[PDB]
2 protein chains.
Amino acid sequence: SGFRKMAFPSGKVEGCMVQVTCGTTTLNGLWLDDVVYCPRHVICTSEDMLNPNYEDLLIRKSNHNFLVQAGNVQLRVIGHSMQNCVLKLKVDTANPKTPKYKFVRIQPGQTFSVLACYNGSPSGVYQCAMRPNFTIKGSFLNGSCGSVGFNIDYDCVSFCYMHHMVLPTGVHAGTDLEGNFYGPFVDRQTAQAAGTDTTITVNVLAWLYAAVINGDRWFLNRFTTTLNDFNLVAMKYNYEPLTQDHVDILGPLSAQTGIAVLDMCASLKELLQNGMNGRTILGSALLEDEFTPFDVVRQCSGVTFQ
Amino acid sequence: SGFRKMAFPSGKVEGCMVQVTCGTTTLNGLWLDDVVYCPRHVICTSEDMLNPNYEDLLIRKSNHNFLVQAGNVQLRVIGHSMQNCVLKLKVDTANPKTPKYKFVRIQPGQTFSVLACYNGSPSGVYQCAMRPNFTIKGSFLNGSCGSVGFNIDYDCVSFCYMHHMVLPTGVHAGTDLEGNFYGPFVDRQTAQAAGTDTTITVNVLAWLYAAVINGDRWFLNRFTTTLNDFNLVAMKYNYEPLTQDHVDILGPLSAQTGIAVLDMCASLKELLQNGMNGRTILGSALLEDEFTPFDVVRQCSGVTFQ
Ligand SMILES: *C(=N)[C@H](C[C@@H]1CCNC1=O)NC(=O)[C@@H]1[C@@H]2[C@H](CN1C(=O)[C@@H](NC(=O)C(F)(F)F)C(C)(C)C)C2(C)C
Ligand SMILES: *C(=N)[C@H](C[C@@H]1CCNC1=O)NC(=O)[C@@H]1[C@@H]2[C@H](CN1C(=O)[C@@H](NC(=O)C(F)(F)F)C(C)(C)C)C2(C)C
């Protein structure tokens, strides 16, 4: 009953959050086993960030220059290295709350939960999508850098995002946990803009299935369409092409509701060409594209985590 | 940068979730110190729930009939009692993860986070409002009963909601942690309907302030209004009357933005009488009323929890 944007329970990630200070710059770090991961611009003054030479700034630092605080306990730093745009601080204490984890690089269209943190302390959790233009539509203030995005599978936390910056129009950019940015962005205070974004078609279809599962059914028309003809229409309205892989991923929802993916594509085609005429779907006046097919299954089938 | 529905970090509550089974009925319980709290209808068969006599059903149970599982560990039950619609199971082990906590009864219009659980295990977290008709618009499946709603203040978890049932139109109903239902509902499978709902006016105003803080400003008109005249208009569109207490609670946002509450009331009055003309506010095509003034401050000022 009901369908909501829903984040993963954050407790496993909360126990990994620490504060990292270098000089007068403080941000969040992620403490897994005996390594703390954080954005490399913790080593920058405000003036360094206009055109930093990270390798140069880092050669002038030593272990003791990094103040790492887990709550009210300082963690002694015994090694450091730079991996792409991420700094790795080796500490002399393994985090006893470390969950089973992986580092993954997610694909555009996939969703994850963000645990927004300041000074190493969690402020809130929300659900995000990696946009096709490799930005995310988050909520972040000064000092949020080093907040992470993650998915959970039973007992395993898959970390996929570390926050670094905000761009014009207010969208956010960051890296995977190997320090590689999503998209063409750089961690420098210089002129940068996101490319034009597009609508994640497979996710809109997943969300229409969620609507049907939840009894919100007015938009279902009596028609079908071809994959080729749907994608012709989708292009006009700035929607990602639907691939056969996407059709296959939608199969569980298609089987659950008895609606073929291409039949649902016919209904979405009408909605795009005609609008929603002041009606809502699942309480929303716009078509929603930040639920994956898995998100829909997970929420409508009550999948839990251990 | 950005404004999102954002839940409290759930870790403190995750460490209190347990599974409670009686007979063949299983649901979630909340384990604080040496007491487990859960909905009393765990003692009902499917047929009992049509017209249960809870006192009668409970007199036929003894301590050993209650199977309480915290992960893979069974907690021995050494006492039980019924308090309104909640069952309290005394166990022989205090929960070592118990946070500092309070039980509170929230008022209509206030928000909280729900940790949706199945079989004692957390599935996800989302933000909810107590509606003026004493329902909540949640996302709950079979077996979710005993999931709780809560707010966090620094280190203190204020539990305010325990989930019990879903009503026609798909809205949900439940109790505070003393077992008293919000609204006129009863924990019986019988014909029940929510009253007509209304829009939480103070929260819409808080959300308009969030829009201004985030630079989304088109709806601001050049006018002002009286409290009396605004509420005349608000009545027509099924909005709660705005009280002076509400004006005072909005003062921090009014001071932050330089916009008097009654000036913002003039802008909201235009939006109601005129619509949004296909425009969005903070990405939304409808006026949003599930952010409190505190929610707005907390998200735009980065308040954290310890
Ligand atoms: C980390 N704590 C912050 C998070 C930012 C701050 C406000 N909202 C956020 O998401 N990260 C930064 O301040 C980064 C950081 C230098 C500058 N920066 C920016 O986000 C800047 N953005 C850009 O220069 C642009 F447009 F290219 F993205 C700023 C103008 C301050 C918003 C570094 C090392 C990139
Ligand atoms: C607890 N696990 C469930 C949560 C429900 C189940 C589906 N979505 C939810 O939120 N609670 C119940 O099944 C409760 C419970 C008996 C019956 N019940 C209902 O929710 C029923 N609702 C009503 O009878 C109504 F309309 F009055 F609210 C049901 C028809 C099964 C949806 C008790 C003890 C009230």
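Just so it is clear: chains get the letters A, B, ... in the order the sequence lines come, proteins before strands, and each one is counted from 1. Values below: all heavy atoms of this structure, side chains included; hydrogens, waters and symmetry mates excluded. So this one's X-ray crystallography, 1.9 Å, going by the header. Order of appearance sets the numbers: ligands from 1, and atoms from 1 within every ligand.
- The main binding partner of ligand 2 here is, in the terms of the PDB entry, 3C-like proteinase nsp5.
- Looking at ligand 2, one finds the drug nirmatrelvir (bound form).
- Other chains with any heavy atom closer than 4.0 Å to nirmatrelvir (bound form, ligand 2): A, B.
- At a heavy-atom distance under 4.0 Å, atoms from both the backbone and the side chain of B/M165 approach nirmatrelvir (bound form, ligand 2).
- Nearest UniProt active-site residue in chain B relative to nirmatrelvir (bound form, ligand 2) (non-hydrogen distance, 1 Å): B/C145, 2 Å.
- Examination of the model shows the covalent partner of nirmatrelvir (bound form, ligand 2) to be B/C145 SG.
- Residue contacts with nirmatrelvir (bound form, ligand 2), taken as heavy atom pairs separated by less than 4.0 Å, do not involve B/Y118 at all.
- Only the side chain of B/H172 comes within contact range of nirmatrelvir (bound form, ligand 2), with a heavy atom under 4.0 Å; no backbone atom does.
- The nearest protein heavy atom to atom 20 (O) of nirmatrelvir (bound form, ligand 2) is closer than 4.0 Å.
- In this structure, chain B contacts nirmatrelvir (bound form, ligand 2) chiefly via UniProt domain Peptidase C30.
- When heavy-atom distances to nirmatrelvir (bound form, ligand 2) are checked against a 4.0 Å cut-off, B/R188 comes that close only through its backbone atoms N, CA, C and O.
- The proximity of B/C145 to nirmatrelvir (bound form, ligand 2), defined as any non-hydrogen pair under 4.0 Å, involves the side chain as well as the backbone.
- In the PDB entry, the organism given for chain B is Severe acute respiratory syndrome coronavirus 2.
- Around nirmatrelvir (bound form, ligand 2), within 4.0 Å by heavy-atom distance, are found A/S1, B/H41, B/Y54, B/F140, B/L141, B/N142, B/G143, B/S144, B/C145, B/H163, B/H164, B/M165, B/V166, B/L167, B/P168, B/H172, B/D187, B/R188, B/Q189, B/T190, B/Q192.
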Once you restrict both partners to nitrogen or oxygen, which atoms of nirmatrelvir (bound form, ligand 2) have a protein partner under 3.5 Å, and how far apart are they?
from	atom 1	to	atom 2	distance (Å)
nirmatrelvir (bound form, ligand 2)	2 (N)	B/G143	N	3.4
nirmatrelvir (bound form, ligand 2)	2 (N)	B/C145	N	3.0
nirmatrelvir (bound form, ligand 2)	8 (N)	A/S1	OG	3.1
nirmatrelvir (bound form, ligand 2)	10 (O)	B/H163	NE2	2.7
nirmatrelvir (bound form, ligand 2)	11 (N)	B/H164	O	2.8
nirmatrelvir (bound form, ligand 2)	20 (O)	B/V166	N	3.0
nirmatrelvir (bound form, ligand 2)	22 (N)	B/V166	O	2.9

